[PDB]
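Note that the numbering runs from 1 along the sequence shown for the chain. Order of appearance sets the numbers: ligands from 1, and atoms from 1 within every ligand. What's counted below: heavy atoms across the whole structure, side chains too, no hydrogens, waters or symmetry copies. Technique stated in the header: X-ray crystallography, 2.4 Å.
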Amino acid sequence: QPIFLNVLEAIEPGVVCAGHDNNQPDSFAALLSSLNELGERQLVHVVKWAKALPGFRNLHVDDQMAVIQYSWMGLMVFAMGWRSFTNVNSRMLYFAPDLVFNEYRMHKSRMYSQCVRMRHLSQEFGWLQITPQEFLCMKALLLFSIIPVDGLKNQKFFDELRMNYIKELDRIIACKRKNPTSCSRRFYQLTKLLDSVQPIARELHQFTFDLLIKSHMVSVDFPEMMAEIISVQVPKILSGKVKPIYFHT
Ligand SMILES: CC(C)(C)n1nc(Cc2cccc(O)c2)c2c(N)ncnc21
Ligand SMILES: C[C@]12CCC(=O)C[C@@H]1CC[C@@H]1[C@@H]2CC[C@]2(C)[C@@H](O)CC[C@@H]12
């Protein structure tokens with residue numbers, strides 16, 4: 001209740017494994033290769049999930065693939081933080097059931113700092129007392145939070161679509177909340193949270209980019225679709241062509 005919420009919960013992707021071999025020692029090459037595999041795998045669900053979103057088919061076919069290729073990073077990270085929260089209380093990064101990052105692994109991955117921000121983000125879900133309804137609505141809104149500076153194929157359908165999801169976030173906050181002060185307060189809290197995701201995804205973008213460039217030397221494997229999206233789409237973000245949409249300055 002209402003119809004919007006039923007869809008989000010029903011289309012919510014299921015558990016996904018990275019197929020990591022926890023029988024081998026934690027090496028940079030191994031860990032990163034598994035993450036990319038998880039990325040490729042998680043990419044398949046994100047696409048199916050996206051197309052199953054209410055009104056997603058209102059966007060031009062090109063912008064549909066576009067928004068996905070630009071925000072797939074923010075979506076996966078945001079979802080991961082939630083899992084980590086609803087699994088190990090944010091104690092560790094729960095990327096996948098067969099790929100959990102502890103203090104040690106965070107270091108071995110050569111991206112300790114970035115993992116800290118992710119864990120921090122994961123702790124936000126708890127401190128702010130985020131609910132499943134709010135989580136689902138915020139995650140969907142992340143798909144519509146990054147586009148090229150010059151706009152999309154048909155920007156009108158996107159603005160209207162993005163606006164409607166923001167409206168849903170209101171009805172969610174409004175519903176079951178008898179107070180006009182905590183309402184705006186809540187919107188402020190969440191909108192702030194959604195913004196914190198962008199800076200994090202930005203560092204992961206640059207990190208994955210560099211890794212790809214020097215992937216053969218550090219012996220890190222990049223799946224087909226991962227290698228193309230990171231070498232064709234990501235570059236547009238790090239070049240200033242595609243920038244995220246912030247609520248606050
Ligand atoms: C190949 C497939 C279907 C998994 N796919 N689809 C898309 C997006 C898309 C494009 C056109 C029509 C669609 O239904 C979906 C995509 C992407 N952006 N990056 C990598 N793989 C993608
Ligand atoms: C999105 C993924 C994989 C899906 C997920 O649960 C979040 C996690 C965040 C770090 C990403 C990883 C995919 C592979 C990347 C992009 C590595 O190349 C460097 C950062 C990794």
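- In this structure the chain with most contacts to ligand 2 is the one UniProt names Androgen receptor.
- From tetracaine, dihydrotestosterone, cocaine, chloramphenicol, nortriptyline, the name that belongs at ligand 2 is dihydrotestosterone.
- There is no protein heavy atom less than 4.0 angstrom from atom 11 (C) of dihydrotestosterone.
- The protein non-hydrogen atom at the shortest distance from atom 20 (C) of dihydrotestosterone is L204 CD2, 4.1 Å.
- Considering only non-hydrogen protein atoms, atom 21 (C) of dihydrotestosterone sits nearest to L35 CD1, 4.3 Å.
- Counting atoms of dihydrotestosterone from 1 in the listed order, those under 4.0 Å from a heavy atom of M73 are 16 (C).
- Distance screen at 4.0 Å: atom 2 (C) of dihydrotestosterone has no protein heavy-atom neighbour inside the cut-off.
- Protein heavy atom in closest approach to atom 7 (C) of dihydrotestosterone: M76 O, 3.7 Å.
- Residues of chain A contacting dihydrotestosterone are concentrated in UniProt domain NR LBD.
- Considering backbone and side-chain atoms alike, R83 places an N or O below 3.5 Å from some N or O of dihydrotestosterone.
- For a threshold of 3.5 Å applied to N or O pairs, the pair formed by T208 and dihydrotestosterone contains at least one separation below that value.
- In terms of protein heavy atoms, atom 17 (C) of dihydrotestosterone is closest to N36 OD1, 3.4 Å.
- Protein heavy atom closest to atom 9 (C) of dihydrotestosterone, with residue, atom name and distance, is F95 CE2, 3.8 Å.
- Protein heavy atom nearest atom 19 (C) of dihydrotestosterone, with residue, atom name and distance: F207 CD2, 3.9 Å.
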